[PDB]
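What follows is a deposited structure in which one can find paromomycin.
Numbers restart at 1 for each chain; the letters A, B, ... are given by sequence-line order, proteins then strands. In what follows, every heavy atom counts, from backbone to side chain, and hydrogens, waters and symmetry copies are set aside. We show just part of the entry here, counting contacts only within that part. One-based numbering, in listed order, for ligands and for the atoms of each.
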Amino acid sequence: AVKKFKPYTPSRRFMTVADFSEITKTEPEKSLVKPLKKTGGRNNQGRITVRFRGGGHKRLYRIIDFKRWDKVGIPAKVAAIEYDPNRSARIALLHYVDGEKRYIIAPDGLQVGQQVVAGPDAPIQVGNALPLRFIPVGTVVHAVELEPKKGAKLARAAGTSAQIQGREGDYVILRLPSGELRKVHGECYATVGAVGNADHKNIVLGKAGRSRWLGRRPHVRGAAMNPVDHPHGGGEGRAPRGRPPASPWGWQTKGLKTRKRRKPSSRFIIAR
Amino acid sequence: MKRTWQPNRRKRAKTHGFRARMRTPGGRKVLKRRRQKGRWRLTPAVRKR
RNA sequence: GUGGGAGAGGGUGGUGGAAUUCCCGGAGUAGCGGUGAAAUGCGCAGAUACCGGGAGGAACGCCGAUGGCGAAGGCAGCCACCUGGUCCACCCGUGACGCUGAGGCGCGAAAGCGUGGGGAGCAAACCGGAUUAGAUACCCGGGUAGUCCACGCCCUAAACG
RNA sequence: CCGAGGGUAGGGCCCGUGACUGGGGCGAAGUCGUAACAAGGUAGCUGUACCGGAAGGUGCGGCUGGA
RNA sequence: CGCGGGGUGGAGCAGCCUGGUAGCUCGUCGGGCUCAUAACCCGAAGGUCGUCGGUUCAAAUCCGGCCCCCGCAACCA
RNA sequence: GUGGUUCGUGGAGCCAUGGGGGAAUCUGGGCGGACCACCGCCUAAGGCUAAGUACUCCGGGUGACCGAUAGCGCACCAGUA
RNA sequence: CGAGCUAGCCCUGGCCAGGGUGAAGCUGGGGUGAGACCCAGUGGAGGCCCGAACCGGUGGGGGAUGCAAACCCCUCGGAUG
RNA sequence: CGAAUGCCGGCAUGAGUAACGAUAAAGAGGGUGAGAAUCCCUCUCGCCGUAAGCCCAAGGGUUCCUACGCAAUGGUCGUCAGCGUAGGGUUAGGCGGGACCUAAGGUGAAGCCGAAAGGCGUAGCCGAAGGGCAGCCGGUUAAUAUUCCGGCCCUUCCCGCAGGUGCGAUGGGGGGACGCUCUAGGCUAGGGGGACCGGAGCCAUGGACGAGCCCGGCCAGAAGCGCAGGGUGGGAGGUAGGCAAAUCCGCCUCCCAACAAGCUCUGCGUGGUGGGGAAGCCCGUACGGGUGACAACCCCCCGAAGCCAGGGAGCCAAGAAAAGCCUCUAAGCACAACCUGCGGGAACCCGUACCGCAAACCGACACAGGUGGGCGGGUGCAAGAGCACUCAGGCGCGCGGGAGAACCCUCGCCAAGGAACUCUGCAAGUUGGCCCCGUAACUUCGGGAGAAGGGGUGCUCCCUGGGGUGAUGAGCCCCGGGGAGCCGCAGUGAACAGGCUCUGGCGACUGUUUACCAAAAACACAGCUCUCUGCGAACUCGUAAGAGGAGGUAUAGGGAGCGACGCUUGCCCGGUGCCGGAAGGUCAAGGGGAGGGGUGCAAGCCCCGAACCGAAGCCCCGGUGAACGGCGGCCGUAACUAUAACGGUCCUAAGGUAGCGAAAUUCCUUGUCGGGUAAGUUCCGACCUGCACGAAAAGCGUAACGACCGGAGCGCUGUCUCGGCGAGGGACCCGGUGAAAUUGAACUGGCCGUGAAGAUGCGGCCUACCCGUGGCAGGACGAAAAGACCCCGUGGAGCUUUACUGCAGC
RNA sequence: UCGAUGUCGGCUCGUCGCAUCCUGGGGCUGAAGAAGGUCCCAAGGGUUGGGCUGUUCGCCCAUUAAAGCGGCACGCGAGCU
Ligand SMILES: NC[C@@H]1O[C@H](O[C@H]2[C@@H](O)[C@H](O[C@@H]3[C@@H](O)[C@H](N)C[C@H](N)[C@H]3O[C@H]3O[C@H](CO)[C@@H](O)[C@H](O)[C@H]3N)O[C@@H]2CO)[C@H](N)[C@@H](O)[C@@H]1O
Ligand SMILES: [Mg+2]
Ligand SMILES: [Mg+2]
Ligand SMILES: [Mg+2]
Ligand SMILES: [Mg+2]
Ligand SMILES: [Mg+2]
Ligand SMILES: [Mg+2]
Ligand SMILES: [Mg+2]
Ligand SMILES: [Mg+2]
Ligand SMILES: [Mg+2]
Ligand SMILES: [Mg+2]
Ligand SMILES: [Mg+2]
Ligand SMILES: [Mg+2]
Ligand SMILES: [Mg+2]
Ligand SMILES: [Mg+2]
Ligand SMILES: [Mg+2]
Ligand SMILES: [Mg+2]
Ligand SMILES: [Mg+2]
Ligand SMILES: [Mg+2]
Ligand SMILES: [Mg+2]
Ligand SMILES: [Mg+2]
Ligand SMILES: [Mg+2]
Ligand SMILES: [Mg+2]
Ligand SMILES: [Mg+2]
Ligand SMILES: [Mg+2]
Ligand SMILES: [Mg+2]
Ligand SMILES: [Mg+2]
Ligand SMILES: [Mg+2]
Ligand SMILES: [Mg+2]
Ligand SMILES: [Mg+2]
Ligand SMILES: [Mg+2]
Ligand SMILES: [Mg+2]
Ligand SMILES: [Mg+2]
Ligand SMILES: [Mg+2]
Ligand SMILES: [Mg+2]
Ligand SMILES: [Mg+2]
Ligand SMILES: [Mg+2]
Ligand SMILES: [Mg+2]
Ligand SMILES: [Mg+2]
Ligand SMILES: [Mg+2]
Ligand SMILES: [Mg+2]
Ligand SMILES: [Mg+2]
Ligand SMILES: [Mg+2]
Ligand SMILES: [Mg+2]
Ligand SMILES: [Mg+2]
Ligand SMILES: [Mg+2]
Ligand SMILES: [Mg+2]
Ligand SMILES: [Mg+2]
Ligand SMILES: [Mg+2]
Ligand SMILES: [Mg+2]
Ligand SMILES: [Mg+2]
Ligand SMILES: [Mg+2]
Ligand SMILES: [Mg+2]
Ligand SMILES: [Mg+2]
Ligand SMILES: [Mg+2]
Ligand SMILES: [Mg+2]
Ligand SMILES: [Mg+2]
Ligand SMILES: [Mg+2]
Ligand SMILES: [Mg+2]
Ligand SMILES: [Mg+2]
Ligand SMILES: [Mg+2]
Ligand SMILES: [Mg+2]
Ligand SMILES: [Mg+2]
Ligand SMILES: [Mg+2]
Ligand SMILES: [Mg+2]
Ligand SMILES: [Mg+2]
Ligand SMILES: [Mg+2]
Ligand SMILES: [Mg+2]
Ligand SMILES: [Mg+2]
Ligand SMILES: [Mg+2]
Ligand SMILES: [Mg+2]
Ligand SMILES: [Mg+2]
Ligand SMILES: [Mg+2]
Ligand SMILES: [Mg+2]
Ligand SMILES: [Mg+2]
Ligand SMILES: [Mg+2]
Ligand SMILES: [Mg+2]
Ligand SMILES: [Mg+2]
Ligand SMILES: [Mg+2]
Ligand SMILES: [Mg+2]
Ligand SMILES: [Mg+2]
Ligand SMILES: [Mg+2]
Ligand SMILES: [Mg+2]
Ligand SMILES: [Mg+2]
Ligand SMILES: [Mg+2]
Ligand SMILES: [Mg+2]
Ligand SMILES: [Mg+2]
Ligand SMILES: [Mg+2]
Ligand SMILES: [Mg+2]
Ligand SMILES: [Mg+2]
Ligand SMILES: [Mg+2]
Ligand SMILES: [Mg+2]
Ligand SMILES: [Mg+2]
Ligand SMILES: [Mg+2]
Ligand SMILES: [Mg+2]
Ligand SMILES: [Mg+2]
Ligand SMILES: [Mg+2]
Ligand SMILES: [Mg+2]
Ligand SMILES: [Mg+2]
Ligand SMILES: [Mg+2]
Ligand SMILES: [Mg+2]
Ligand SMILES: [Mg+2]
Ligand SMILES: [Mg+2]
Ligand SMILES: [Mg+2]
Ligand SMILES: [Mg+2]
Ligand SMILES: [Mg+2]
Ligand SMILES: [Mg+2]
Ligand SMILES: [Mg+2]
Ligand SMILES: [Mg+2]
Ligand SMILES: [Mg+2]
Ligand SMILES: [Mg+2]
Ligand SMILES: [Mg+2]
Ligand SMILES: [Mg+2]
Ligand SMILES: [Mg+2]
Ligand SMILES: [Mg+2]
Ligand SMILES: [Mg+2]
Ligand SMILES: [Mg+2]
Ligand SMILES: [Mg+2]
Ligand SMILES: [Mg+2]
Ligand SMILES: [Mg+2]
Ligand SMILES: [Mg+2]
Ligand SMILES: [Mg+2]
Ligand SMILES: [Mg+2]
Ligand SMILES: [Mg+2]
Ligand SMILES: [Mg+2]
Ligand SMILES: [Mg+2]
Ligand SMILES: [Mg+2]
Ligand SMILES: [Mg+2]
Ligand SMILES: [Mg+2]
Ligand SMILES: [Mg+2]
Ligand SMILES: [Mg+2]
Ligand SMILES: [Mg+2]
Ligand SMILES: [Mg+2]
């Protein structure tokens with residue numbers, strides 16, 4: 001989708017909005033299973049650690065289910081599909097037959113009315129979740145766990161997905177939304193299908209405000225400030241850095257790798 | 001234009017208050033000295049009810 | 001209308017094997033590439049050649065024809081779904097309902113453009129090496145757009161019988 | 001009231017003209033190269049695309065007006 | 001005015017700093033191939049080293065003065 | 001690897017120690033300025049211990065100390081206005 | 001010792017007269033094989049417009065031992081973000 | 001002590017000088033008094049009136065009210081006061097806050113961390129104009145009143161009775177509970193009108209005894225009614241979820257409802273009763289009282305932004321928590337308890353005066369400044385909180401009186417010309433609201449547009465079309481149309497209200513910024529690209545714990561640059577960086593000990609110490625430019641000259657492509673052409689010899705946007721030729737109060753000289769009676785700041801880097 | 001002169017020198033006349049308005065009897081810009 005606009009105001013011409021057709025007549029969220037008071041704040045205890053944040057629409061947290069072995073075997077019916085301000089993926093709310101309700105990040109396909117479930121059993125269909133081993137090599141899938149019982153963590157962004165590649169001992173090779181081939185443990189669930197609402201990468205914010213709404217204040221270039229507060233700074237009419245591009249704190253930012261070398265997680269990785 | 005003193009009872013006891021100064025090691029010393037110097041008033045005289 | 005036939009006709013989903021390129025393991029050395037001849041290039045930091053495994057893209061050998069299908073552009077591994085055209089027999093139905101067709105509208109190879117994806121091979125531009133008087137060329141070693149996918153454009157041709 | 005015309009303001013079409021600029025035509029015997037016609041010494045032509053003093057080259061698909 | 005770099009056969013350039021030996025490419029000239037020109041092949045010629053001085057046994061070379069050439073600098077007022 | 005001592009890496013002991021290694025109970029151990037021999041001196045890895053010493057919020061005494069711009073900031077309801 | 005000024009952010013409240021312009025979307029008609037689309041009418045969008053409050057502070061003049069250690073007069077920017 | 005721009009103090013000079021704090025404005029009569037422009041009173045005048053009037057909150061803290069007072073405070077005066085002395089004055093179960101709840105954030109048992117101090121920290125606790133919660137209208141005081149009094153109406157507790165039910169928690173669930181914009185229906189606040197009702201009165205000056213003028217025609221109010229409107233399905237089975245249990249909630253599955261029919265729940269009317277009730281006139285105030293009065297207290301119309309409220313619709317940026325409340329059960333308990341009515345009793349603490357857009361708050365001041373919320377009438381102007389006037393109400397700004405100079409400020413007008421002004425149309429003018437005609441290039445189809453340029457606008461009469469409220473009508477109120485006619489110079493007749501256009505530069509745009517000299521072309525900005533990061537992420541803060549990132553997960557997060565959009569962004573990887581290289585070379589501690597030394601009679605003890613094994617880094621091999629960067633010189637050549645498509649050569653890592661170009665870049669330079677002008681160092685269009693453009697420190701464009709910057713024209717004008725007159729506030733004179741920086745002392749002239757080189761002071765000459773007042777600024781190298789430039793000091797700071805040396809960090 | 005002598009130009013206001021631009025007087029002329037040339041005397045008065053540039057200065061445009069050169073802290077900011 002992606003709503004468009006006629007130019008009746010510069011900016012609201014290039015501006016592009018999402019299409020909330022996929023939003024089952026829902027909107028008002030569900031008390032109980034979410035929401036919780038969401039403590040918004042751009043800095044830690046005192047100081048500001050991440051810069052340029054703050055401001056932007058008030059938000060309510062939708063406490064989603066990111067570990068599904070909670071209900072192994074208990075099937076549930078997908079009730080609605082709603083908007084979640086805390087993420088890029090739309091989320092689906094679903095009523096188990098157990099009578100319990102919980103939200104799930106909604107996969108592309110999954111339609112309201114559908115029945116979905118989790119566990120070793122589970123049929124390989126959009127929405128169902130199973131330990132990685134039991135999933136057919138090659139099938140795509142989202143909401144992966146990295147270590148058994150620790151909760152989902154990979155491919156959860158709007159319309160992202162990972163594809164299974166092979167098996168190898170108690171591990172199974174994956175291919176993350178980034179292109180890295182990772183070795184994940186067999187016992188990590190991963191609900192099947194891709195995340196959906198993949199038009200998300202196409203929304204043209206539009207104006208200055210639009211960014212402000214999502215809580216992101218203006219970002220000033222180092223080049224603009226002085227030597228006192230950033231490498232690229234001073235002296236006359238602009239300047240060409242004058243040294244290898246660096247961050248406010250001073251480490252190179254055009255090429256310098258960061259992953260800490262001797263990490264134990266190294267051996268389970270294979271790509272880029 | 002607007003100036004720098006905008007009186008506020010709450011802020012004043014809340015900041016230069018007595019329990020305020022007792023709470024920290026530096027403030028307790030603030031008291032010591034003032035006590036040791038004589039000062040009729042150890043801390044500002046906030047008021048009302 | 002009835003009952004049959006052939007076909008790379010069209011769209012969608014899926015799938016198979018050969019080969020190339022890369023990665024990993026093995027084993028193995030002093031050269032491999034390349035050309036008119038060469039050089040650039042690659043190779044003891046272990047290349048080429050050989051075996052094993054894995055990844056990925058694109059194109060479908062034999063069948064294949066001087067064959068088939070389409071209005072053209074064009075269409076080729078295999079499977080299923082949706083779908084167009086068309087030939088024969090039977091002479092059952094309508095009953096002149098026909099032909100062409102300014103304009104309109106649709107389709108329209110390759111290259112090109114937008115947005116996103118993909119990128120193995122190839123390859124404008126570009127970089128080298130030779131050739132030459134010179135080479136902004138032909139030849140050789142690299143190589144990016146593009147070539148592939150989806151959606152939206154562009155409307156050209158020796159779009160030729 | 002209408003009304004010749006005059007006034008003011010803004011448009012439409014056409015003609016003339018202009019520093020300088022673009023390509024074209026024409027003009028016996030100036031320069032550079034050799035693209036095409038013989039297999040033209042890289043078959044040629046082509047739509048498109050990028051590049052080059054120049055003819056032109058190269059990519060992609062195409063045509064026989066070549067084999 | 002100040003600073004430092006450069007003048008070498010017809011053309012463009014080496015050769016000096018560690019003085020004695022001027023080299024490269026093109027061009028020029030004679031011959032060859034060609035029907036002829038070029039390309040190409042074989043042979044040959046060509047430099048008071050910007051000038052006036054001395055330094056040495058010996059100066060393109062080292063050291064002073066002018067002669068043009070090029071490049072830089074000329075700020076704070 | 002450092003701190004302490006006069007000792008600033010010096011021939012650098014001694015006394016403390018963060019790190020690593022890691023004993024013995026008198027024929028046991030430490031020290032006398034690297035080290036070794038000899039000759040000697042002490043007996044580490046537990047603790048306490050008056051007095052002699054420092055100070056002056058406070059009381060008292062005395063001044064070749066001041067005498068209201070001095071002397072405490074304040075002789076006076078001053079850490080006040 | 002200070003964020004009772006100023007800067008940013010967090011939590012919780014409040015304010016923005018009245019005028020313009022008229023987006024999507026609806027509905028009707030037209031169109032087609034179905035569409036695209038085109039007409040009206042409806043609709044009430046927007047860091048849209050005029051303009052107070054309010055937030056500013058463009059130009060000029062005055063003030064310059066001032067009314068004022070940043071003011072006054074005329075003029076002017078924004079004013080649903 | 002004579003100097004230190006010395007320190008403390010005192011008193012001079014400037015000087016009766018400047019001032020006396022908004023140009024809203026005063027005049028008189030009568031009081032009081034020792035003394036009145038300044039205090040009280042009355043009359044007249046003027047100013048505010050989306051306030052300069054009322055009501056809260058903050059802050060202040062007696063300023064409140066009253067009596068007696070003027071030394072000081074008051075910019076004058078003062079009999080007055082916000083001043084001095086004294087006395088009085090602030091009354092709550094229902095207002096606000098607390099014996100209620102939670103927010104950010106604090107604090108913090110458990111726990112974690114830190115040399116000490118301390119730092120973190122889920123529970124809990126604290127924390128509020130947010131949630132919850134029971135009082136409305138009058139009357140009284142010199143001063144308090146939702147507090148006292150009257151009327152009417154409520155809330156909790158505790159104890160009884162009376163009757164109902166399994167009652168029962170800090171535990172489960174429900175609810176509370178939530179955005180922005182736009183909105184309907186019905187109400188209310190508030191306002192307009194009345195031939196009706198009620199009122200003292202009044203006919204003036206030519207007319208009017210009139211459906212005349214003037215004034216007023218309400219307020220609260222339980223239950224019950226009515227009218228609006230908000231909430232809500234009712235059964236029954238089954239259950240494995242809501243961290244124990246539930247009959248509750250949730251999820252299934254059958255029924256009857258789909259309606260607000262019914263239950264409740266608010267709001268508004270009406271309501272027993274309770275109150276208020278003008279002008280005017282009489283009074284004595286410093287003000288209130290009396291009468292009007294048995295006051296009347298009725299009918300229309302406009303109507304909210306407020307009420308019903310959790311109403312509705314649309315949109316994306318997706319919009320607190322906890323308690324009260326309802327329900328559910330657990331322990332326990334069911335002679336308890338809880339629910340419902342009825343009584344009786346109990347109901348604490350703190351605030352309460354006054355100021356409150358300001359003389360009581362923040363600005364040293366009775367300071368032209370700053371200060372949050374609510375009410376804010378009428379008429380007219382299209383509307384409105386605009387503007388003009390004016391209700392209620394409040395003021396005339398705590399020095400006056402004269403004068404009628406220069407000059408200044410603010411204002412008004414002007415013959416002829418009109419930008420000649422000037423750096424610049426700076427300033428000022430012109431234009432201006434509404435309605436209707438009519439509007440170009442260009443363009444991202446929105447725009448450009450209020451383009452431009454025009455016409456209309458008052459009042460009177462006639463005819464006539466729509467609504468709204470009332471019944472389908474009168475009225476009352478909104479919108480319209482047509483035709484005659486009247487008057488002035490002029491009809492948005494006053495006030496509020498764009499001058500327009502053409503063409504360049506920069507930046508896309510709305511925004512943002514140097515609080516107090518820069519608002520911009522600077523920053524930001526959507527968007528583009530590069531790079532890091534697989535999640536206990538990178539990064540940041542922190543010694544740590546910890547947190548932010550993020551309750552996010554590659555369509556995500558960090559960093560860098562570029563900066564809408566269009567067309568595009570060439571070549572160089574030699575040097576620097578970063579990226580990739582289980583080979584080499586170097587390389588520290590450590591391992592290793594060939595060999596050597598010191599002492600021992602010796603076993604020994606203690607030292608050095610070569611091979612060799614030894615990381616990262618560097619070296620080295622490769623890559624990489626939307627990484628730091630860089631992107632040539634000299635000669636010759638065409639059949640007129642000229643120029644050079646062509647060639648030679650030298651050196652690079654490669655030798656700037658497209659596009660643009662005398663530029664926000666051009667030194668020479670007012671380059672040379674062309675355009676605008678009578679005339680053009682600027683401006684626009686070209687050429688290219690680009691001192692010294694050039695492609696994400698982006699390149700060249702670009703509609704729209706701009707308090708940005710340049711050039712031009714129209715319109716208009718006191719900018720100007722070139723001034724003139726007029727207004728007011730000062731200036732001046734008089735009475736009252738009365739500063740200042742400055743100051744070696746002064747009895748302080750011109751000239752030509754001279755002097756440390758610029759003399760009132762020295763020489764010579766000239767001039768010159770003593771002292772002021774308004775004026776002008778040439779001078780006293782005039783005042784003001786121990787020059788902000790420059791240099792100096794082995795002075796200081798901020799900043800940089802392949803300066804040195806360290807440290808964090810890796 | 002740095003315990004401060006405000007600095008270009010413009011404006012306003014002047015004033016002074018003469019090595020005179022004009023007007024007045026004069027000599028020589030290769031002075032027929034008219035108009036010039038050149039020098040001598042002479043400062044009494046006069047010595048324009050515009051375009052461009054911050055400009056001084058210049059170059060223009062239109063005129064004039066002429067469109068003089070200099071000084072006064074590149075005269076004059078307790079006079080202005
Ligand atoms: N008519 C020819 C048109 O112009 C071009 O041709 C033009 C040029 O290429 C051509 O130039 C030629 C040159 O090619 C050739 N190699 C040398 C010759 N001297 C030149 O000649 C030219 O100049 C000379 C003297 O002035 C004249 O007399 C002659 O007419 C003229 N053609 O002269 C032509 C104009 O006259 C295109 N090549 C051709 O395809 C096109 O159709
Ligand atoms: Mg909640
Ligand atoms: Mg912190
Ligand atoms: Mg803290
Ligand atoms: Mg930025
Ligand atoms: Mg800066
Ligand atoms: Mg720095
Ligand atoms: Mg820099
Ligand atoms: Mg610069
Ligand atoms: Mg038949
Ligand atoms: Mg046909
Ligand atoms: Mg096509
Ligand atoms: Mg194609
Ligand atoms: Mg994009
Ligand atoms: Mg290839
Ligand atoms: Mg050849
Ligand atoms: Mg090739
Ligand atoms: Mg054909
Ligand atoms: Mg023309
Ligand atoms: Mg040929
Ligand atoms: Mg050929
Ligand atoms: Mg050819
Ligand atoms: Mg081609
Ligand atoms: Mg090519
Ligand atoms: Mg030491
Ligand atoms: Mg000893
Ligand atoms: Mg010894
Ligand atoms: Mg001893
Ligand atoms: Mg012992
Ligand atoms: Mg002791
Ligand atoms: Mg004495
Ligand atoms: Mg004293
Ligand atoms: Mg005395
Ligand atoms: Mg003292
Ligand atoms: Mg519409
Ligand atoms: Mg609107
Ligand atoms: Mg706006
Ligand atoms: Mg506005
Ligand atoms: Mg002395
Ligand atoms: Mg004194
Ligand atoms: Mg005086
Ligand atoms: Mg005076
Ligand atoms: Mg005076
Ligand atoms: Mg006053
Ligand atoms: Mg008035
Ligand atoms: Mg008092
Ligand atoms: Mg009083
Ligand atoms: Mg009195
Ligand atoms: Mg007085
Ligand atoms: Mg005063
Ligand atoms: Mg008296
Ligand atoms: Mg008093
Ligand atoms: Mg409490
Ligand atoms: Mg109590
Ligand atoms: Mg807490
Ligand atoms: Mg704490
Ligand atoms: Mg609490
Ligand atoms: Mg509260
Ligand atoms: Mg209350
Ligand atoms: Mg009162
Ligand atoms: Mg119960
Ligand atoms: Mg409960
Ligand atoms: Mg609850
Ligand atoms: Mg009469
Ligand atoms: Mg009532
Ligand atoms: Mg349970
Ligand atoms: Mg009365
Ligand atoms: Mg609602
Ligand atoms: Mg609680
Ligand atoms: Mg009170
Ligand atoms: Mg009160
Ligand atoms: Mg107020
Ligand atoms: Mg006053
Ligand atoms: Mg005031
Ligand atoms: Mg205000
Ligand atoms: Mg009102
Ligand atoms: Mg109006
Ligand atoms: Mg007003
Ligand atoms: Mg005039
Ligand atoms: Mg006139
Ligand atoms: Mg005119
Ligand atoms: Mg002018
Ligand atoms: Mg002038
Ligand atoms: Mg201008
Ligand atoms: Mg102006
Ligand atoms: Mg412009
Ligand atoms: Mg302009
Ligand atoms: Mg801008
Ligand atoms: Mg500001
Ligand atoms: Mg400023
Ligand atoms: Mg601005
Ligand atoms: Mg400013
Ligand atoms: Mg964390
Ligand atoms: Mg988080
Ligand atoms: Mg990023
Ligand atoms: Mg920039
Ligand atoms: Mg910029
Ligand atoms: Mg580039
Ligand atoms: Mg490079
Ligand atoms: Mg390299
Ligand atoms: Mg490199
Ligand atoms: Mg490396
Ligand atoms: Mg190494
Ligand atoms: Mg140029
Ligand atoms: Mg330049
Ligand atoms: Mg001209
Ligand atoms: Mg002009
Ligand atoms: Mg010109
Ligand atoms: Mg540039
Ligand atoms: Mg760049
Ligand atoms: Mg730019
Ligand atoms: Mg702006
Ligand atoms: Mg004037
Ligand atoms: Mg006057
Ligand atoms: Mg006087
Ligand atoms: Mg003198
Ligand atoms: Mg004397
Ligand atoms: Mg004298
Ligand atoms: Mg003077
Ligand atoms: Mg001075
Ligand atoms: Mg000094
Ligand atoms: Mg300087
Ligand atoms: Mg030194
Ligand atoms: Mg000086
Ligand atoms: Mg002095
Ligand atoms: Mg003379
Ligand atoms: Mg003469
Ligand atoms: Mg003069
Ligand atoms: Mg001078
Ligand atoms: Mg000058
Ligand atoms: Mg001067
Ligand atoms: Mg001045
Ligand atoms: Mg002076």
Requested in this report: Locate paromomycin in the structure and give every matching ligand or chain.
Outcome: ligand 1
Query raised in the report: To what macromolecule is paromomycin (ligand 1) bound in this model, taking the chain with most contacts, per the PDB entry?
Result: 16S rRNA
Query raised in the report: Which other chains does a heavy-atom search at under 4.0 Å around paromomycin (ligand 1) pick up?
Result: D
Query raised in the report: What is the residue list for the binding site of paromomycin (ligand 1), using non-hydrogen contacts under 4.0 Å?
Result: D:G25, D:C26, D:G27, D:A28, D:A29, D:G30, D:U31, D:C32
Query - Organism of origin for RNA chain D (entry) - result: Thermus thermophilus
